[PDB]
Peer 1: 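This file holds aldose reductase with sorbinil bound.
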Amino acid sequence: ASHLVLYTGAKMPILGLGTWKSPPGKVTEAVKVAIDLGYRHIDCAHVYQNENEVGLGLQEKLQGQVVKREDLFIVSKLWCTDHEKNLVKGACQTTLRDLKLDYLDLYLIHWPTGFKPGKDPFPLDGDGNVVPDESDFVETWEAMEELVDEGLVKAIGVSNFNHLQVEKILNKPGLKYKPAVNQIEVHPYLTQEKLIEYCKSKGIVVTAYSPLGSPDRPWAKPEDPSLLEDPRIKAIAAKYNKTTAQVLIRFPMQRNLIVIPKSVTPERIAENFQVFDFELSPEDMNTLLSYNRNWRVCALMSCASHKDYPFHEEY
Ligand SMILES: NC(=O)c1ccc[n+]([C@@H]2O[C@H](COP(=O)([O-])OP(=O)(O)OC[C@H]3O[C@@H](n4cnc5c(N)ncnc54)[C@H](OP(=O)(O)O)[C@@H]3O)[C@@H](O)[C@H]2O)c1
Ligand SMILES: O=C1NC(=O)[C@@]2(CCOc3ccc(F)cc32)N1
């Protein structure tokens, strides 16, 4: 409904601006452009190293009265080095301070993997593996619930959790709040209909990250399948006189999934909002779904031996 509704009642805007890889000197302008274009949901994260600058763009629009705080859906994410129970409130408070916000609308446990605490976001050992920590995300979750109780965040969720990790939370003795969201990688080459179905049976909204398959991911070694340059999606795009991009964004929306496409380019931010004006005919929907190569762009391979690494499971 141009939004999905979380089990709390909160209306979560269906399209949002993604800010990973959005450089600090560009993201304040991208956020500003986006809110002027009507975007009311911004997806952020401590680890993106730009929440201050996202904060500046929001601030300007808020004091410039272009939007009200109640009309904004700001998401941020607890990073892996901050999973120890006692580190969770501090990590949320830094994020609130950098975003210059009194509360978040959604705070997600970014990855199920907790890493050794410290300033390095990926503590690596001599073998190049990331160093784990003494925590289970069930304890992290208990601290995340405290943020709801104190009013720092309006809802809590998870990101990159496999269905068995969500289950461990749902079956937690003394559970106060469920994940309201599971933000996971979704796009034609990783359609995820089984995890989506599981989250939906549990009443957990799904946000699809990397709808365009992350062309700019640092590790895009040239012989990587490009969804935007994929002749097939370009053809179905042609049928609508829309771009590959607009089609790839319409797809998760049509599957009742929140999309958060990233762009620091003003023109492409406008383009990406110009998707609510058509519907993909069900055949085309089925075409796109069939491309499921189970191809993951964000596999976090460096953490593959972590006890809580999410991707060895089917879904
Ligand atoms: N929770 C997680 O662990 C996680 C993981 C990955 C991503 N995410 C979230 O999902 C967001 C989106 O994913 P992503 O940034 O990884 O990748 P993405 O949105 O799939 O791809 C962004 C790339 O596509 C380009 N692009 C955007 N709009 C375009 C358009 N209309 N036409 C042509 N090219 C276009 C961007 O270029 P320009 O920006 O230069 O225009 C950029 O190179 C992230 O920013 C982040 O907020 C979350
Ligand atoms: O937007 C993103 N959030 C993330 O956790 C991820 C996916 C996995 O890999 C990395 C690596 C570095 C980073 F800053 C971020 C990421 N991308």
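We're sticking with the PDB entry numbering for chain A, so the shown stretch reads 1-315, in order. Atoms within each ligand, like the ligands themselves, are counted from 1 in listed order.
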Peer 1: Where in this structure can sorbinil be found, counting every copy?
Peer 2: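 It's found at ligand 2.
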Peer 1: As an exercise, identify every atom of sorbinil less than 4.0 angstrom from a heavy atom of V47.
Peer 2: 14 (F)
Peer 1: Which UniProt NADP(+)-binding residues of chain A, if any, have a heavy atom under 4.0 Å from sorbinil?
Peer 2: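 From UniProt's list, the heavy-atom cut-off leaves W219.
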Peer 1: Pull out every atom of sorbinil sitting under 4.0 Å from any heavy atom of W219, numbered as shown with elements.
Peer 2: 9 (O)
Peer 1: I'd love to know the UniProt active-site residue of chain A closest to sorbinil and how far apart they are by heavy atoms, to 1 Å.
Peer 2: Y48, 3 Å
Peer 1: Judged by non-hydrogen atoms, does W111 sit under 4.0 Å from sorbinil?
Peer 2: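 Checking sorbinil against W111, which is what was asked, there is a heavy-atom contact under 4.0 Å.
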Peer 1: Would you mind checking which non-hydrogen protein atom is closest to atom 15 (C) of sorbinil, with the distance to 0.1 Å?
Peer 2: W20 NE1, 3.2 Å
Peer 1: For sorbinil, which atoms sit closer than 4.0 Å to a heavy atom of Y48?
Peer 2: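 What qualifies from sorbinil is 1 (O), 2 (C), 3 (N).
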Peer 1: Using 4.0 Å as the heavy-atom cut-off, which UniProt substrate-binding residues of chain A are near sorbinil?
Peer 2: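 A heavy atom under 4.0 Å occurs in these UniProt residues: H110.
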Peer 1: Can you name the atoms of sorbinil, numbered from 1 with element, that are less than 4.0 Å from a heavy atom of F122?
Peer 2: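 So the atoms of sorbinil that pass are 11 (C), 12 (C).
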Peer 1: Which sorbinil atoms does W79 reach within 4.0 Å, using its non-hydrogen atoms?
Peer 2: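 Those of sorbinil that fall under 4.0 Å from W79 are 5 (O).
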Peer 1: Side chain or backbone of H110 under 4.0 Å from sorbinil, or both, or neither, by non-hydrogen atoms?
Peer 2: side chain
Peer 1: Report all residues and nucleotides of other chains within 4.0 Å of sorbinil (non-hydrogen atoms).
Peer 2: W20, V47, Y48, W79, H110, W111, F122, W219, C298
Peer 1: Report every pair formed by an N or O atom of sorbinil and a protein N or O atom separated by less than 3.5 Å, giving atom names and the distance to 0.1 Å.
Peer 2:
residue: sorbinil; atom: 1 (O); partner: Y48; partner atom: OH; Å: 2.8
residue: sorbinil; atom: 3 (N); partner: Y48; partner atom: OH; Å: 3.3
residue: sorbinil; atom: 3 (N); partner: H110; partner atom: NE2; Å: 3.0
residue: sorbinil; atom: 5 (O); partner: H110; partner atom: NE2; Å: 2.8
residue: sorbinil; atom: 5 (O); partner: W111; partner atom: NE1; Å: 2.9

